[PDB]
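Record below includes quinomycin A.
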Amino acid sequence: XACXXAXX
DNA sequence: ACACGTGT
DNA sequence: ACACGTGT
Ligand SMILES: *C(=O)c1nc2ccccc2cc1O
Ligand SMILES: *C(=O)c1nc2ccccc2cc1O
């Protein structure tokens with residue numbers, strides 16, 4: 001759920 | 001059980 | 001070495 005490198 | 005990678 | 005959780 002978070003996006004810090006991908007954002008799922 | 002499956003779904004994540006770029007940005008220091 | 002540190003930096004992540006919402007949504008099926
Ligand atoms: C988002 O909350 C979240 N995203 C994920 C992406 C890929 C793998 C695990 C994973 C867990 C969570 O909680
Ligand atoms: C992004 O590429 C990315 N983000 C993260 C966030 C939190 C923890 C690990 C992590 C690894 C990567 O690759």
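Here is how names work: the chains are called A, B, and so on, in the same order as the sequence lines, proteins then strands, and each is numbered from 1. Looking at the header, which is where the method is noted, we find solution NMR. As a convention, non-standard residues are reduced to their parent amino acid or to X, and atoms outside the parent are not considered in contacts. All values below come from the heavy atoms of this structure, side chains included, with hydrogens, waters and symmetry mates left out.
- The ligands or chains attributed to quinomycin A are chain A.
- Other chains with a heavy-atom distance under 4.5 Å to quinomycin A are given as B, C.
- Checking the PDB entry, one finds chain A called quinomycin.
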